[PDB]
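The structure described below contains fluorouracil.
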Amino acid sequence: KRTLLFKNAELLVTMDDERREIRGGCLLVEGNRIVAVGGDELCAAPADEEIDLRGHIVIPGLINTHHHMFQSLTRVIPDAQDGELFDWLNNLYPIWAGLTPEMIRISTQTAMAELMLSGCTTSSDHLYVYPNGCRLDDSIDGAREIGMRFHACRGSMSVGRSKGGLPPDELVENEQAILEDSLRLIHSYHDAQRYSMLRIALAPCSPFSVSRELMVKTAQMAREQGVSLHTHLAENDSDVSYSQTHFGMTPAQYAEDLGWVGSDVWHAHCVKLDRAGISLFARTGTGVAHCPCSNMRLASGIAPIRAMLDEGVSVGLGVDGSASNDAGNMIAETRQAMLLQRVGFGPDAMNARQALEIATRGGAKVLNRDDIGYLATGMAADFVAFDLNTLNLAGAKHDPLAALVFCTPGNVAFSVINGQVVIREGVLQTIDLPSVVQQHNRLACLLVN
Amino acid sequence: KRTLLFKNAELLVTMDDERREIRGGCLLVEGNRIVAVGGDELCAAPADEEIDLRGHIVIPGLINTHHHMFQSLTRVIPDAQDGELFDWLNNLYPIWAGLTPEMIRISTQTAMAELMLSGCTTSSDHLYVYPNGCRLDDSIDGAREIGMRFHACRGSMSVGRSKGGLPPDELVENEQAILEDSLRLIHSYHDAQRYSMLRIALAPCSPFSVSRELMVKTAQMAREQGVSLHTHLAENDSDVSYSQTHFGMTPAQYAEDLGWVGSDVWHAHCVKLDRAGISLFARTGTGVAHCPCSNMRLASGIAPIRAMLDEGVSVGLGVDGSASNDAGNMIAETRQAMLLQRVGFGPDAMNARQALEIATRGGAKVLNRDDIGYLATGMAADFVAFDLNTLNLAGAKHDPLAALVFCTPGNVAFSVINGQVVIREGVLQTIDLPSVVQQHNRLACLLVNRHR
Ligand SMILES: O=c1[nH]cc(F)c(=O)[nH]1
Ligand SMILES: O=c1[nH]cc(F)c(=O)[nH]1
Ligand SMILES: [Zn+2]
Ligand SMILES: [Zn+2]
């Protein structure tokens, strides 16, 4: 088995059970997993490759828990930059009706590359449109080429124009076809073993874009197959009113009534989750993907993340799709979580270590994994290093960890995912990034024009 | 005088009176000024150097209107990261008491380098501590090394611990000495001419950090000398209560009472400015430096920027000191202004072009300058270029301008300040940046290990 030693980090942030932050720390890797973490004599360990991390901070790889990677082809569309969410959807859906399998494959790589260079080693996605023969398989193909640990969601919608919804009919599917494809994807791709690089989750776009029968049947299938459940919930005032008018229930009551609570469930946004919903989520272990930049850029609101954390809700972090952020920058999203909670709820609402915990342990938690999210013996070899001697962090070496959240760092210097060194001295190793960016921009131009 | 042609930008954002955004745009420069702005007809122009900007967006240089660059030596101090503003001040003041002239000279270069690589071509600063023989001269020396267009404020404090204030006495000054040094700095350094690289403003830290007499005499001096006035105003709930309690007045009423209104005045933050204060500022031309990251990082609040703009208030942008942001990233601050107004006031509150106008034309206005802030014949040759073919902007070429605000771009590819190409292919040309960063971090270490 291949061994790898990362030695003499200026600070090794473990996020482990003691929250050890080790000066001069070293990390010994064998295959895809961590052998030991420490300073002192472990730094003298022989290894097939040694990488010198003096002057760097090492953190556990960031974990992104919500995205729509296909939207990285359609950032800052003029008719979608401003205005109401109604106009945003109505101007973007006809564009997305042109998506091809190749664009799914390429856009997954582009969005994952942006996340990887900004500190992220595991990401979910929420692909929920399948025009022109597009399949989740195309996104899985792209993810496999770039080497990121991947939770692929079988997103779905069934309520289109003919049934009184907003999406064009060409962007919705029959519900029997959705369940059959969901089952196929689990059988073909879901790896439930420790250190899995690919897991499947089932994800109707929202409880309102599919039938209530399909929400219950999806939950049933996920529980039978041992996979997770993901959807958008309580993202804005319109979601809350819709739930009340149409079902006589708050969004959280609606989720509970469908069986969409539990540690195998995580809901994106939850900006308008109420006190009873927070408590329900806390006692059922239901997770939340917090997407601060999206919630600001779409004027959704400030999610009550501090209140959720204070009751024991499992909270992870997500960038959301690139047409509603529009960046894909994980460490910048972690910064935004801290800034937004403080402006919303005061100076004690979120510090650097609490935000970074959401970005690491919190994300592992809401994806229902205990093998990622911190650095210790037997954990997955997922971690990143930032150079502390850059201009961006000059004067911030008083606390290298806080520097990543309070300052604006550049790209990571190194990234390791499943023991593979995927970024070396700021250069992505698993793909030809300039070629992918070129193809992406040509495809984006073809799609929109 | 040297001539420069910048040709074939994918998009040249002028911010001019017609807000032209020119595909294939070109810029012809002579010395410190723009000779022409146009399309490919400019390619027939002769120039000493041509720079090919295809694949790039060019924008007017961003203008930063509030800072404390000395704080770039003390980012994320553990005891100041969290807690109340009281704890922030009382844990940072003893550290700043060890500042030396060399630290002022170096920290100015570090803070300006961060601003320049993130799109900024003009900055003010608000140095308000002068321990151990430090002088505004030291900051001016650093700014002259790096080539940034500079509005240096003689900040001041006189109400210390022994007199019932929070700063220690070693960090406050006698008020007559403050006025004397203010006049010396104006006479020695303030260049009032077009395309000036150095202007002086007078800047008591807040209306409560000095006597009422110093507030009034400082304004009197500034008006006599023709320079501007700068201070912190209405940053938080404590500022509003204090002025109401001690003076029976809102912060903006108190500023008016002190004579601290007018187009030669700009107030930092104004988070808690009320409707009548907004109206007052609009009709007097009083400016505002909006500091969104600082206002969130210190839990100050969401300033009513959309309301001020709708009433006619001149609003610029500021990163604030690096101990309350803690970044110095001008284009990221522009993004934050847009994100924060939307979450505060709805989807119509601020778009990419509105935010970029605050960061350019808005900053020129609050600094009382008509020669920077947009690209047109006779304007200062201050502009920057971002590469549009980066991973960060992939899929955003549908609107190159909005991409700068809605995405998170890297450093600029090129920067021109006063006609000098100060950043070339991402590399800062005017200082040895890794050497300055090394010295900065070493001085930061010496500073925090001082005996106190
Ligand atoms: O912000 C968003 N809301 C709803 C959606 F379906 C989506 O893709 N993005
Ligand atoms: O936010 C701030 N408040 C007060 C200060 F003196 C300062 O520098 N910054
Ligand atoms: Zn989403
Ligand atoms: Zn300030």
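Note on naming: letters A, B, ... go to the chains in the order of the sequence lines (proteins, then strands), and numbering restarts at 1 for each one. Scope of the values below: all heavy atoms of this structure, side chains included, with no hydrogens, waters or symmetry mates. This deposition comes from X-ray crystallography, 1.9 Å. As the structure lists them, so they are numbered: ligands from 1, and atoms in each ligand from 1.
- The structure holds fluorouracil at ligands 1 and 2.
- Of the chains near fluorouracil (ligand 2), the one making the most contacts is recorded in the PDB entry as Hydroxydechloroatrazine ethylaminohydrolase.
- Heavy-atom contacts below 4.0 Å between fluorouracil (ligand 2) and other chains occur for B.
- Close contacts of fluorouracil (ligand 2) with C205(B), meaning ligand atoms under 4.0 Å from a residue heavy atom, involve 6 (F).
- Shortest contact from atom 9 (N) of fluorouracil (ligand 2) to any protein heavy atom: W88(B) CH2, 3.7 Å.
- Distance cut-off 4.0 Å; other ligands and ions near fluorouracil (ligand 2): ligand 4 (zinc ion).
- Some N or O of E235(B) is nearer than 3.5 Å to an N or O of fluorouracil (ligand 2), by distance alone.
- The shortest N/O to N/O separation between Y128(B) and fluorouracil (ligand 2) falls below 3.5 Å.
- In terms of polar-atom proximity, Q71(B) is counted as a contact of fluorouracil (ligand 2), with an N or O under 3.5 Å from an N or O of the ligand.
- Per the PDB record, the organism listed against chain B is Obesumbacterium proteus.
- For fluorouracil (ligand 2), the residues with heavy atoms nearer than 4.0 Å are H68(B), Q71(B), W88(B), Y128(B), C205(B), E235(B), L298(B), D320(B).
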